[PDB]
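Below, a PDB structure including remikiren.
We're numbering straight along the sequence, starting at 1. Ligands are counted one by one from 1 in listed order, and the atoms in each one are counted from 1 as well.
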Amino acid sequence: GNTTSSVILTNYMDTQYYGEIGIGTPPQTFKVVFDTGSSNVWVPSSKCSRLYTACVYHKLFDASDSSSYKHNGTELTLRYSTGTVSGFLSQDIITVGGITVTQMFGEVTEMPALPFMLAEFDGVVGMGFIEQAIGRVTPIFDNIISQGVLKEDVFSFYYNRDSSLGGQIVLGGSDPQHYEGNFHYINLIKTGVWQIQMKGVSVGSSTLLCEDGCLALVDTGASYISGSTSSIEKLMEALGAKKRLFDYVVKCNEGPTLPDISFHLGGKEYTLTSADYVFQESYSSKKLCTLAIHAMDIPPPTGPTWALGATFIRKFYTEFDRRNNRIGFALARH
Ligand SMILES: CC(C)(C)S(=O)(=O)C[C@@H](Cc1ccccc1)C(=O)N[C@@H](Cc1cnc[nH]1)C(=O)N[C@@H](CC1CCCCC1)[C@@H](O)[C@@H](O)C1CC1
């Protein structure tokens, strides 16, 4: 194998980046987010009660329609920073791009309205390690590496700004049409988790934060940049941003005057400008404009960490390299 599949993605409102897979014989197709922050796959099941609003809006996997279906039945609960889900395990043939794989995957049967009634996607595919997998189930990428078809043991993310391609994941390599310069690489703190050491967070020329270093999760499955609550208190107090309930906001006229936020990863600074993290939904002082940053307390062993989600990955085209356990960033071409 020197094969390199690619999955086209849809950007919805800059917060949801989902693409298509097919499961079963003949193939039942689902939209899913590719999450580097988790290691499981699931979709809603035909067995999800219609009392779940989320279950009525999304598409259901039907085992009884599937001649590739092998039964497992093991229960699970999958807990995400935003939202959780419980169902049961099924084996079926799944395909992603050209690639086809026999995968264990969760058929979901309780699906909370919040946050899922808002999901344009039906499903998720965990792009993380077996160390984070509930049930210790082999994740899908390990499963594709065992095939020995990828020209490289890597997959690369491109995430566009609204709208025309919405984004793209390449399995087996990167797509140059979508970045410039060369990749810079940081090794993983430890194998098991898509997570690197971060040296510092500046707000404008001066290092506000992470002075004696901290952790950074590169998470394709997060719409935003997150930090701990105390890192974000202070970061927002730097930006004069004002806490709403869940979100932070600035008045829209000041949006474009906000300073650069930069992230020191490895031997380089990754810089975000206001155009990258303020939702400029207006320019009027009447109006309030949200920021693509928030507080998200991730518990140990992973946490406390920041997560670098879509806000960052839109700016910097990202490569996850399994063979060498590292992540590459390059500037994205839009
Ligand atoms: C509306 C917001 C504020 C943008 S959001 O954060 O609620 C969005 C959710 C993703 C989402 C969007 C729309 C419908 C459903 C779900 C989000 O970003 N969730 C993150 C939260 C997070 C931020 N920093 C760390 N976590 C999230 O929970 N992502 C998980 C993936 C996500 C896959 C898609 C559905 C929900 C879980 C998972 O990657 C993380 O838990 C673990 C690594 C820490």
Which protein or nucleic acid chain has the most heavy atoms near remikiren (ligand 1), under its name in UniProt? Renin
I'm trying to map the binding site of remikiren (ligand 1) - which residues have a heavy atom under 4.0 Å from it? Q16, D35, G37, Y80, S81, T82, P115, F116, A119, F121, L217, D219, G221, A222, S223, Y224, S226, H294, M296, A307
Near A307, which atoms of remikiren (ligand 1) are under 4.0 Å from a heavy atom of that residue? 24 (N), 25 (C)
Give me the residue, atom name and distance of the protein heavy atom closest to atom 27 (C) of remikiren (ligand 1). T82 OG1, 3.7 Å
Which residue and heavy atom of the protein sit nearest atom 10 (C) of remikiren (ligand 1), plus the separation: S223 OG, 3.7 Å
Does the protein put any heavy atom within less than 4.0 Å of atom 4 (C) of remikiren (ligand 1)? yes
Tell me the protein heavy atom at minimum distance from atom 43 (C) of remikiren (ligand 1), and give that distance in Å. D219 OD2, 3.2 Å
Mind telling me which species the deposit lists for chain A? Homo sapiens
Consider every N or O of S81 and every N or O of remikiren (ligand 1), then say whether any pair is closer than 3.5 Å. yes
Most contacts to remikiren (ligand 1) come from which UniProt domain of chain A? Peptidase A1
Considering non-hydrogen atoms of the protein only, which is the closest contact for atom 29 (N) of remikiren (ligand 1), and what is the distance? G221 O, 3.0 Å
